[PDB]
Amino acid sequence: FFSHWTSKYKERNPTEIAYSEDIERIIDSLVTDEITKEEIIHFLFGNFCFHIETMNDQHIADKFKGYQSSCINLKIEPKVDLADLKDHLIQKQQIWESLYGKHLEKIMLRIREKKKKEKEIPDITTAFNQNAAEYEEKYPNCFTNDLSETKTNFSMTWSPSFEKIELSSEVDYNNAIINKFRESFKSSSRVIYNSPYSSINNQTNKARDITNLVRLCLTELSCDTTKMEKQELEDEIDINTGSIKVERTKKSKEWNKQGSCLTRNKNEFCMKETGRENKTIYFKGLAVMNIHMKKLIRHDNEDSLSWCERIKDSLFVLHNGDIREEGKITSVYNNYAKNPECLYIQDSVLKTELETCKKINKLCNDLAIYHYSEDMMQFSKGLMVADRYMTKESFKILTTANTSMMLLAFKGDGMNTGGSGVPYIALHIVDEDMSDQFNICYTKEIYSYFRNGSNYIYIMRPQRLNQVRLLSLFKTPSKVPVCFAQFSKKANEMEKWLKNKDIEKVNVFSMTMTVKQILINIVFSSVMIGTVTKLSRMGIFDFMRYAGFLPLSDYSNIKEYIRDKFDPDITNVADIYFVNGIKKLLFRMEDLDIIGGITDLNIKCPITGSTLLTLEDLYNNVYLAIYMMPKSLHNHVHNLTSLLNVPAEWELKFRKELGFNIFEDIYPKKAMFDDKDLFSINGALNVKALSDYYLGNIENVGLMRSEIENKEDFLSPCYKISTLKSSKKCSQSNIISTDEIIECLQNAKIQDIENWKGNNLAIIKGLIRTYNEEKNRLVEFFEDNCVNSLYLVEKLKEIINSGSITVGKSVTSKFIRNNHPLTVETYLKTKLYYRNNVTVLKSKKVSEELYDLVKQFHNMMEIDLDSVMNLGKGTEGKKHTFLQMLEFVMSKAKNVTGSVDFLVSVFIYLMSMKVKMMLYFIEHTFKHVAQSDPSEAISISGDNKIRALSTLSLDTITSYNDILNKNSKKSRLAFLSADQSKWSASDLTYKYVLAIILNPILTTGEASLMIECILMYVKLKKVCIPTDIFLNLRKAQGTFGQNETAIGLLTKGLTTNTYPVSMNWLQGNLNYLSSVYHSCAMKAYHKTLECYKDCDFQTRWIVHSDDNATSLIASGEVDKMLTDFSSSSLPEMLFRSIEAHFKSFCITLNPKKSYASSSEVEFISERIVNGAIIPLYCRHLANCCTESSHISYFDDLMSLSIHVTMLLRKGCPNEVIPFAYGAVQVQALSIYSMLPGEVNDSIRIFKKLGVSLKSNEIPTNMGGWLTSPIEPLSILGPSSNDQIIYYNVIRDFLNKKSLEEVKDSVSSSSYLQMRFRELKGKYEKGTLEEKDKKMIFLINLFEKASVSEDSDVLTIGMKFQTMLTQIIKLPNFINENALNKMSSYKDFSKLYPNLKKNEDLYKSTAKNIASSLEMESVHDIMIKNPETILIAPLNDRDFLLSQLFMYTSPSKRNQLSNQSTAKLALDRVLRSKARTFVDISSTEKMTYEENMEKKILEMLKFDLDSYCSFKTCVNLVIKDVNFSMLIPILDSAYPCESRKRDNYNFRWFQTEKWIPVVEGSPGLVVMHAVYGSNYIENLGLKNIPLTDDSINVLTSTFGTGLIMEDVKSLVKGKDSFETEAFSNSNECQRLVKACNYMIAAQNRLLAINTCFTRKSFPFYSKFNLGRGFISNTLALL
Ligand SMILES: NC(=O)c1ncn([C@@H]2O[C@H](COP(=O)(O)OP(=O)(O)OP(=O)(O)O)[C@@H](O)[C@H]2O)n1
Ligand SMILES: NC(=O)c1ncn([C@@H]2O[C@H](COP(=O)(O)OP(=O)(O)OP(=O)(O)O)[C@@H](O)[C@H]2O)n1
């Protein structure tokens, strides 16, 4: 172990760091009445003398010099010798050790003072009544007993039953329904208005208006079109971004002319030229939709439960008469659920489970679950399509696969600025038989009805829906059938009735009344849960995650949670059913193998099905009801204001508590270190606790320092660090300069009104738009910022008085949204000098910021080629380290920079590059400290062992309780599952300095650097609100009474943007240091509890930042000490004592999610009771239906199959797995890669062109369907589907039986050439069988759509986790708009000027006069330095021009252009049906399906010279270690009943193929297990040679393309070119594979040693660092 001091800061002490008086205040504030200042200093600087056994002697001299300097600067006489300090610190030990007993007495007094003040509620009903009483006390008379003023019961949209077959013959089936309703709505006027909820005083007077509006819109304002063209969209260039989807200017944006009406497309109509009485009727109907006063019903309303107990069974009657049999959602769900035998390889033993799944599918078919979900999905489609394009004088009649359903959509909030939603009136035709049940069910929203024929025509009430609510309505086919399947499985009456009957006898007719009632509840709950669009239902359902703990003890959650902080916001009826289910569960728990519920007689909360055989069924039902709700139905505008509003309040609370005023700095005070309640710690106890923690954790200072400076990439340049190189995002305050602003104002003349070209017109527009209403501040900015005062304003006078200028109005958000960003910059900056300063932080990549930092380190600001190339080559040139750049940044910004670097923004938080580097240093010097702690969970690599540590924390605790309580005394268990509240907001930050001073694995210079870093992070941090949000609050504050909650007080009345956030580190920034402090606090808790005299306590705790998993086992005289601690049992003891102890460590325990029990613990989401773990597969099942990224079909299908895989891991039953398959299929296919029957299908396209591939053999990237079985998807993952179909077509191609025959036939090198020649001859003369055409198709697909194709991992870093990739990559930007606003492009465009800057066509013309010379120079200084463009930067001049030589490849600007951005819905369902661009430069615009047709027609021919990709695709499949041993196990596995499996329910999968396959690869003994598998299954050991040699072939071709063209067999000389010409013999890839298969050189790298050999043939082996890298078979563990 060698020691290296990594600082120029060596001669700096922690008491001379500019912000050094705060350390003096911390020292002065730690002085107690028993410990003086001298002992505090001697302990704090000198604690390292307990660690002096593993550190160097130069480290000894360094730390003793730091000790002496600290004592001299603090006016204390230091000890002369190190042994003198050791003797003094070992003799003043009992003074410091006595703090634990006083702390024990303090927490006992705090429990005694806290339990006396609280009040006790007698029962749960009194808690509910007290909540209702205080709710009436806030707002009086808010509770109404009349059910006529409430909100809508049955949510956004209503689905009647569809009773008549509608024949179509030349009548356009979508349009025949509209004229059917029109001819129904032409009879007389027997309009009966509906009184809601059987009321008597019906006002009406609006039902007449709605009826007249609907009659007008269906009689006069619309007609049978049947001839107009469909809506077609086209991509267009935006003035701020690229490639947005919009309607074309002609055709589908123009109003056509039918007979006396105006029409746009097949659905939209208009009334621009209509009679005045008709216009009056239209406006009278429009005024209804608007184009305390809360009536909340009580929890104990017996009328609402009685009404719901008729509404929810009228719904079941309505869900029982539908006659439709085929559809889109029905087809995809019946692909998996109607025949689930294909998913399971050994399906012959699942004769009961698969039959139950088939019965659940038949019940879904007969109750019209699929058809209702499909109707909701397409109506949400049509509704948001209507939301963006509708005007006030137009409507958008929607029709679907329905028979008796329409919707009359009206003007919504196009160009979304929050808004309210899109109005819509739905019409229904119901027959005479189901007429009373329709009135009973939808009694609130039926607005008028009349009778025509044997039918009733219903007009329902208009509502409105935001885009988020339409998106939650969209995922109905993914959310409702899985709800029906899970609730039908977990209900024991439903499953019990399903098990006796047969598939031909399952119907509603042969049902008992109890099973029918359970089915009614299941249908109603699935409908109400799968589509949720109300905030009250979300409040009710996330109230449910705390009122659901049965096996419990004292938690302060049964009664004190249902008091004041519970919000009973029940607005409608029939959520009384859900709240009443909660109330019955709580009343049951009040009156009091896991068998938890066969004896308690528990009741399901949403589905009410009794006789619960297992507690895990209850946990699964509640948590699936919880996790299926959306994250938020609020807009991003409201959510961002909430996220920017919480820290302002939690900082104003801190300032008010500790006496700081609003506009001043933050310094330590005595109150923070005096053991107070709100914002304080104990002080001297914290120092002793941290010293004891560092004594007990760090065992070798030098070895751990070596691991820190070797594994965290210290003493290495910053581009080797993945956090500071991989472009996440960043924040750099780029503001147009004020001198540049006044210069642009000066050069903007008044004689060039026509010639206002360039970007200066944007500055002119911004200053004029600011002048139009903000005259008060523009004169101040024009007279104080610039030295010329009157000239600028007098020039602006005739600038506005020039007559012609393009400004409409200060429309605020309408100006911001669709104008150039520098217009926003100027419209800000001309009124921001002394107030409202903003200083807008625009986002940037960290790679560009690191590029600028490396450029600024070597003083190469102005870019010059000789200046960068003079830095040397190889591993002997100029190179920096991470800490040298860190101190360069610190020395730069300590020089009066204005503290612009400490500015974060919300985009979860967006910090600067400096703050990212300081947080990296502080984070990763404590990551290894937390890695040495066995009780620390955030240091666990991944989520794999997170469950494992909880398993140990249960197992050793239970084993020790079994080993102690049987001998001498009694023991009581106490498991704590705490979660702290405001872990970052309420936390004192200055206590982290004490964790750094006492750190022994450090240096007195590095410690000073970290202390100064944390002190500037506290004293100078600020938060900048974004421009649109701050303008919204500014205009709201101007219109209103000018008061705000906390943001107005912090920003001096909203007159400035940056508000101070000092003692609140942002969440995720200190995630290891806070966890270290938490574990230190728990060790101090154990040391404090060890001070009790006649009792023995041992504590086991587990810490992951915010969370806690404390266990405690007491022994001895328990009965006396329990009333000493003021409690009744050990969980009550633990919940009181830990809460009292944590207040001395600035940790706030909240009595909401923190419970204490004697048998149950929870950690994050996993949960283990009495040595057995409850599975909780709810999160993955909900992620299978709700969470998606919305980027592509391939990406989202591969991402959702992760959740399917973890569903298979965590014990899912075998009847929800086919529904999980169907759910991920609907969620992947329902946006862009369209559903069966639509335009972007892949079964239909492959069937039309006669492709030889079958339905279940289409690859995933071809738009095909996930058809991998249960076992290979569970073991390998989503990347196994294409591997399985490739292996199947290969095994059919060479006509073999097993994989081993294929392996020993491929292993001969003279075999695949003969097969390829035989295939070529077969294609030649006369014969091509089906297998040959399949093999040819997949060979050409591997050529055209391999994952390595058109990708390099050094421009954008990818991971290569699959075999193939997306074959259409839509460009997010067109031309060089993606490459702009970049320092790399601005440098590349300067030393290589506009001959090669603008544009891609100018560079492409240099491949067939000055651009050819520039390209020749580029590739001449590129090909002489080969290591700079296709490996990682070895040093500088391998990084600064590595970012410069990537803007020359056509496939490296395309890769940066089509980067996957976030976007949202309606930007991808519209782009899929639009004529999109192909690449970065093409005049041709073509659709997605036509592109797919062209690509499939391209990959149909044999295309000889395809031998290399044939051998590559064979060898990528067969050579996998995991696949080649998983397949023979699956092929030769015994069914059951010998050692594999003998149980039935949820015990085939976890007994037959996840334990005899885990005795397969690593060998194992355990029988039943929930699996956290190994790392990712590697299919990228062979693909990173493909990328790293494809880029070599590309630069070879682009180097050889200038001087000459040639074909082959080149004779030129100049060895680096002749050897690459010999390298390009066939493709260079078969040469790569064969040549480095038959030898293995493996020469080391020094870039002169390796360039000594040859530039081409053995050099490429040192551009991947490995060859034929075969991994080991992964242990599932
Ligand atoms: N992005 C939008 O279009 C939108 N959505 C809701 N809002 C807020 O609510 C009002 C109604 O929106 P509009 O801009 O369509 O109404 P308008 O201003 O009276 O009509 P117009 O566009 O023809 O001038 C608007 O005045 C505005 O305050 N704006
Ligand atoms: N009630 C609690 O016991 C609790 N648990 C966490 N927190 C801290 O609260 C900050 C923001 O709260 P959020 O609105 O994001 O939800 P949350 O974290 O789940 O807390 P809560 O249950 O109170 O809503 C978050 O920064 C979070 O750390 N409070």
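We count residues from 1, following the sequence as given. Whatever order the structure lists ligands and atoms in, that order sets their numbers, starting from 1. Going by what the header records, the deposited coordinates were determined by electron microscopy, 3.1 Å.
The drug occupying ligand 2 is ribavirin triphosphate. The chain that ribavirin triphosphate (ligand 2) touches most here appears in the PDB entry under the name RNA-directed RNA polymerase L. The contact residues of ribavirin triphosphate (ligand 2), taking heavy atoms under 4.0 Å, are given as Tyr546, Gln980, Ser981, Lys982, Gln1067, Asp1106, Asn1150, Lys1152, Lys1153.
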